Amino acid sequence: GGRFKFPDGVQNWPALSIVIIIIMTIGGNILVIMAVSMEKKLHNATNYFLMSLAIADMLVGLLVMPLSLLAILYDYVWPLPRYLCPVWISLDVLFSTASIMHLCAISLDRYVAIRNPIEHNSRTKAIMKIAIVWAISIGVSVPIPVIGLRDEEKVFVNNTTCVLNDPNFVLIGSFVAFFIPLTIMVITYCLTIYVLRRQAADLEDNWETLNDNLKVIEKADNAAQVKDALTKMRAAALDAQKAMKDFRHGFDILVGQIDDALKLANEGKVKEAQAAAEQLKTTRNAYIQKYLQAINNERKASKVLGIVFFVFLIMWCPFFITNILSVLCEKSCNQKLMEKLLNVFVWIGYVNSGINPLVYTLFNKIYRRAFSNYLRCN
Ligand SMILES: CN1C[C@H](C(=O)N[C@]2(C)O[C@@]3(O)[C@@H]4CCCN4C(=O)[C@H](Cc4ccccc4)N3C2=O)C=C2c3cccc4[nH]cc(c34)C[C@H]21
């Protein structure tokens, strides 16, 4: 009666339990799609892009993970019809790349928004980005149907197991789908953290000059000395202002005290100006806390960026690196262990798709309360 498998030919039940992570991925992104849909605040362009990413990652857990689970259930013997594997593999390359490409764009956008925060029809650009991202991924995926259709031996080999059999594609696909985006995310990340640290140093330097000039005002006795030190603060305040409205307004109201004290410093006596430097001391200490919460925001952003980039490396690097070694190293490297590692590094890349939502909820207050409400509402 032929050679059957399903629904009881399962050879590995311990692997079945791994469904747990699958259930987390599908729902994890659904909550994001809910947040961007229900919440009025999350109708921002960048959030629509996170939704697109969520669509990519959700489809990974929806269409790629379950079929890889069946593959493990039957000890890597394809139980489904033959035509359904090249379909599976192509989807694997598609959504996985879409996930990567999306992540790369997020890095780029975050750099621009950090460099020149003056940015705010605004949706047409986001639509343009989503389209381009999905267009590139499709390009990376179309070789699968092409190669598979023009030769059956290249998708599954022993009339049993289904695995890529074209080393040229593996090299190219890996190089263009991961290593080029990786290079962009490396340089991008480095520039972003550089800009961030430079902005922090600027605020700290402006605050130091505001203190040092006050000390030397209380110190010396020359009316022109008070004039010089008292004028250098006016610039240090105007420069720190352009670097939360109560803070810039604090620099604006203390500037007025620098005007009064500077008027009484040239035509008046040094003692009265030094007495005005006291009122300046108090107006500075009034906002010393708002200065600390500003620099704290700087260090917070630095940590979040370092996390997301680190996670991306830890997740996708093992697969693609070993994938490269498995093709271009056909002798020196151990091949049996290579397959043993790749089998796990594949699902590590999968887990990244489920980590992305869990990442953008741990740090955003709106997503935290949005998730905490979607889980308890139903
Ligand atoms: C996670 N997903 C997995 C998928 C894949 O390899 N899936 C199979 C089914 O799993 C293997 O790794 C297994 C594990 C152990 C032995 N295996 C192999 O030998 C061959 C790889 C290989 C072929 C020839 C020579 C050396 C190595 N495998 C396979 O075909 C390809 C991906 C990919 C390749 C290229 C560009 C890409 N963009 C996004 C992606 C992607 C997503 C990304």
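One-based numbering along the sequence shown. Any value given below was found using the heavy atoms of this structure, including those in side chains, with hydrogens, waters and symmetry copies removed. In each ligand, atom 1 is the first atom listed, and ligand 1 is the first ligand listed.
- The chain in largest contact with ligand 1 bears the name, in UniProt, of 5-hydroxytryptamine receptor 2C.
- Present at ligand 1 is the drug ergotamine.
- When the transmembrane segments of chain A are numbered from the N terminus following UniProt, a heavy atom under 4.0 Å from ergotamine turns up in 3, 5, 6, 7.
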